[PDB]
Amino acid sequence: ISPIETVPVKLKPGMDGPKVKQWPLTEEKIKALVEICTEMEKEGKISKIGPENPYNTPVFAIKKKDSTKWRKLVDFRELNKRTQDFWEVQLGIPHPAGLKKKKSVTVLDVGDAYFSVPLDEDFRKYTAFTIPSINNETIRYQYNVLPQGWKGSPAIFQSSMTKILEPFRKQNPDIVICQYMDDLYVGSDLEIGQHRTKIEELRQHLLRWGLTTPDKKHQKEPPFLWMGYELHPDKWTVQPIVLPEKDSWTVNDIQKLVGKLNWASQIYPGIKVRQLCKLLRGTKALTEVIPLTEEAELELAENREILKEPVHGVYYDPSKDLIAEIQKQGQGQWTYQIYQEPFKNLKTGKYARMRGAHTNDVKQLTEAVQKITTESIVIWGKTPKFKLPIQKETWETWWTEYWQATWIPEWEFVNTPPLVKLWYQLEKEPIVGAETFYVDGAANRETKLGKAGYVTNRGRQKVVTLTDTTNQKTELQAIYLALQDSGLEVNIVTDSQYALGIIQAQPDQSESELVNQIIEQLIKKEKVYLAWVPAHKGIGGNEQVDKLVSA
Amino acid sequence: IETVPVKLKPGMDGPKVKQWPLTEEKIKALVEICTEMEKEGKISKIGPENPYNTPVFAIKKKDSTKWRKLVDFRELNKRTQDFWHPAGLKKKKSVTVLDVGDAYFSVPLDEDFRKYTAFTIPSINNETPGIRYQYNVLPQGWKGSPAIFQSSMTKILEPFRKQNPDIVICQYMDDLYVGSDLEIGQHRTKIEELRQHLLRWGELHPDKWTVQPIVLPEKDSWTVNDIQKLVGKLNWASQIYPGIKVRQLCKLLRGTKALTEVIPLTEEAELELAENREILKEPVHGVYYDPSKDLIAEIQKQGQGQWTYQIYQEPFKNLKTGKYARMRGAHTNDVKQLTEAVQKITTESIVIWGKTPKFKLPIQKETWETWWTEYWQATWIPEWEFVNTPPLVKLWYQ
Ligand SMILES: O=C1Nc2ccc(Cl)cc2[C@@](C#CC2CC2)(C(F)(F)F)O1
């Protein structure tokens, strides 16, 4: 084992971990643990204790996979909740797109590393656990090194690994070593034999510090599988995505499927799940069986064809530009591919329809760009140049007139419809000749009964009763009427700041039926000018509707 | 090798704030930087047994090719014990600001408090574990640094405070504010003089900040629209000035007329307006600053590069209001402008009251968090929350 400075551990302030009793086991298990232990004891791993130790964890004996031989496990479950907190190992994991192309790649599985690292002697006592024996006639142990299943084992090991490599990395800056779990991914632009030889240096170096790793003949060769991809040293491809074809589709099956199809929508173009998803409506159980519809049986089939398509990719070249191009693949739905050389993608992805209270394309596009920008700072530490389906004039008009701080990095217009636009724009001044609707709406704070209507110059008017409504719902209702009972050019004066603001923000999507209807009416008109006036004042027209919507 | 023991507010624990992603460029600069401070004993790499963490990044404050390490101890400060303002600072002709952060490297930090100052240098694509450090000296940006250093600070300052007992020197965090009613040449030279004295160790105008007046539109002819908008703005202002009346104007609107119809003002409405303009020719009486209460800085996007703001503690009782503009080159960056604005208003709030204001920013969280760091240039970071500016609130200060 290793000779590296142990890390100083302590129990969460106050707390202390001595207790949880031994789970008396059969005579076959009690001796199948008496054995395995006698082993470790020798290797220097565990140390038969007892001298002064009140703490204790329960040992179990589980049927070792495929073995008539037994295997042990130790419930530190308790010990851990009483163990100080460590610095997270970092759960942000490397994505293929950020890797740099290499000539050779090797993966060193340090695996059996936890038991290779020295534990904080000072803390060992706290590890104690026991082996039962028929007639409680007397086996007490405690670890001397990182324990399989102990809170700090990973964290402390990873840190030991970082230290042990530090020198080697300074010495060979042309070599890239990537840590992750018990794995070491080493890549380089050296010639095959030169590379193989550095690995041996690395392995022996790791072995000098007690960290055993695999031989060049025990090494595992490319491509390597990484969270869905096949990693080759010059490029990557996507592990085949097999969809099963059954006669029995429980709810579970339908979901997992949708689940895989979703993951696939990032990589593959044209995947659909709308109809597989329709199949979950009103389901009563996971084990429930749902017959796939005709359209369901169909997209699934059209999706299998798509999944056959082989998708390859390229790694990162720091000497080239990062370019991100976006497409509106439906309302609120966007597609993106980031590349450096035309058609040679580093990464692609999809952002699903963010269904909120009220936005529009330009706004939606803006968030998409912010998302891809953060993703990029993460992957490459760089922001791509954008090629967006929008005109500098629209963006120009939108921001120049939007109430919120909004922005978009260096970008370029790309004329690839469907484009992102402003489906309508409110006038900035009243309209001459256009009619003038003075709308209003109200509701009780106890009955939720409301009235919504309007009065206009040209005598036209109309009131209406609502039930189970609110002030804001009635106020919006009022504006809808006006857009209906009006010509192609309208002036509307409301007293609702609520209504005003929602509309001022010129939205093209919402989850409110009403709002959507108004949106429609709005797109239709030739000219609309919306105005606001303070609620209850003797303000001509507004005092009039304030009269009708009050019973 | 002395060290005053510093502790966390009772029952509180160290900060475990996550490090946002950094650009390659900012990472590289930070590795250079930290390696230096490591060699000089300023910091030391830490182990996993330390679970605290604070965000750090890099900036370039006003004309610099070389980067500056910036640490966001906001959370650590909010968790650090408390420790213990010459109104003369605000009432000056000119006030200059100075970065004395360097001074702190000189003082060693209570070793037991070091664990909390832990920070991390990220790696692109997570391909490498981040580089972890913790301070051995007093960190810049920490609320405790200025305090524990006050003692030495004042010392080195007496000479200049005795030589020139007419200037005011107030320190906030890593900054030192010096104000004098001198003329620029002598003023800036007397400053350079102070930086000379400081070196043998290691441009604002206050009489210009006030509560801007609300102005009302005046026109040849008035339409129904014009009058409504007018009455709306007034009706709001009635909230700040109860005297403000709209009876006469509203009458001009009695009836459901076209929005564009031209309405002839009455002698009465004209008096009503005449009278309101006057009520508005000054800030509302009885508005005083309360130190036992938080300062609040609200900002609205006016568009075309303009940003109005109001600093206040209680609603409708503005301690100060203003506008910010231009800043050539930022001609197409709302985030740059906003960040500059927030800084400009913080410094200002510091000068005046010697404390930072809690900001209410008209921007989406994501947008601001992505880029604000790209344009920050102070040594401090105020607090903030994001909002959806009322359609009204804007036309009013507009
Ligand atoms: O930067 C690169 N280039 C690269 C190219 C192809 C392969 Cl298969 C692997 C890599 C590599 C890695 C890694 C683990 C994350 C997966 C390596 F460290 F070099 F091994 O990181």
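The sequence lines are taken in order and lettered A, B, and onward as chains. Numbers in chain A come straight from the PDB entry, and the residues shown are 2-139, 142-554, in order. The PDB entry numbering applies to chain B: residues 5-88, 96-213, 233-428, in that order. All ligand and atom numbering here is 1-based and tracks the order in the structure.
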Novice: By the name used in the PDB entry, which chain has the largest number of heavy-atom pairs within 4.5 Å of ligand 1?
Specialist: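 The chief partner is HIV-1 RT, A-chain.
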Novice: Help me out: which of tetracaine, desipramine, efavirenz, vaborbactam, rolipram goes with ligand 1?
Specialist: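 The one at ligand 1 is efavirenz.
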Novice: Counting non-hydrogen atoms only, which other chains lie under 4.0 Å from efavirenz?
Specialist: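 Other chains in heavy-atom contact: A, B.
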Novice: Students should be able to answer this: which protein heavy-atom is nearest to atom 11 (C) of efavirenz, and at what distance?
Specialist: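 It is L100(A) CD2, 4.1 Å.
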Novice: Among all protein heavy atoms, pick the one closest to atom 8 (Cl) of efavirenz and tell me residue, atom and distance.
Specialist: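 The answer is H235(A) O, 3.4 Å.
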Novice: Which efavirenz atoms are under 4.0 Å away from a heavy-atom of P236(A)?
Specialist: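 Every atom of efavirenz under 4.0 Å from some heavy atom of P236(A): 6 (C).
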Novice: Heavy-atom distance to atom 18 (F) of efavirenz: which of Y232(A), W239(A), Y188(A) wins?
Specialist: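 Ranked by closest heavy atom to atom 18 (F) of efavirenz, first place is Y188(A).
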Novice: Does this entry model any covalent linkage for efavirenz, and to which residue and atom?
Specialist: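 As deposited, no covalent bond from efavirenz reaches a chain.
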Novice: Report the part of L234(A) (side chain from C-beta onward, or backbone N, CA, C, O) that has a heavy atom under 4.0 Å from efavirenz; answer both or neither where that applies.
Specialist: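 Answer for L234(A): both.
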Novice: Under what name does the entry list chain B?
Specialist: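 The entry uses the name HIV-1 RT, B-chain.
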Novice: Under 4.0 Å, heavy-atom basis, I'd like to know which part of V108(A) is in contact with efavirenz: side chain, backbone, both or neither.
Specialist: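 Neither; no heavy atom under 4.0 Å.
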Novice: What is the closest protein heavy atom to atom 3 (N) of efavirenz, and at what distance does it sit?
Specialist: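 Scanning the protein heavy atoms, the shortest distance from atom 3 (N) of efavirenz goes to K101(A) O, 2.7 Å.
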Novice: Take every heavy atom of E138(B), measure it against each atom of efavirenz, and state whether any distance is under 4.0 Å.
Specialist: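 A heavy atom of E138(B) does come that close to efavirenz.
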Novice: Quick check on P225(A) - does any of its heavy atoms sit under 4.0 Å from an atom of efavirenz?
Specialist: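 Flag not set, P225(A) not near efavirenz.
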Novice: I need the residues around efavirenz for my notes - heavy atoms within 4.0 Å, please.
Specialist: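 Using heavy atoms under 4.0 Å, it comprises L100(A), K101(A), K103(A), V106(A), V179(A), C181(A), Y188(A), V189(A), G190(A), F227(A), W229(A), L234(A), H235(A), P236(A), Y318(A), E138(B).
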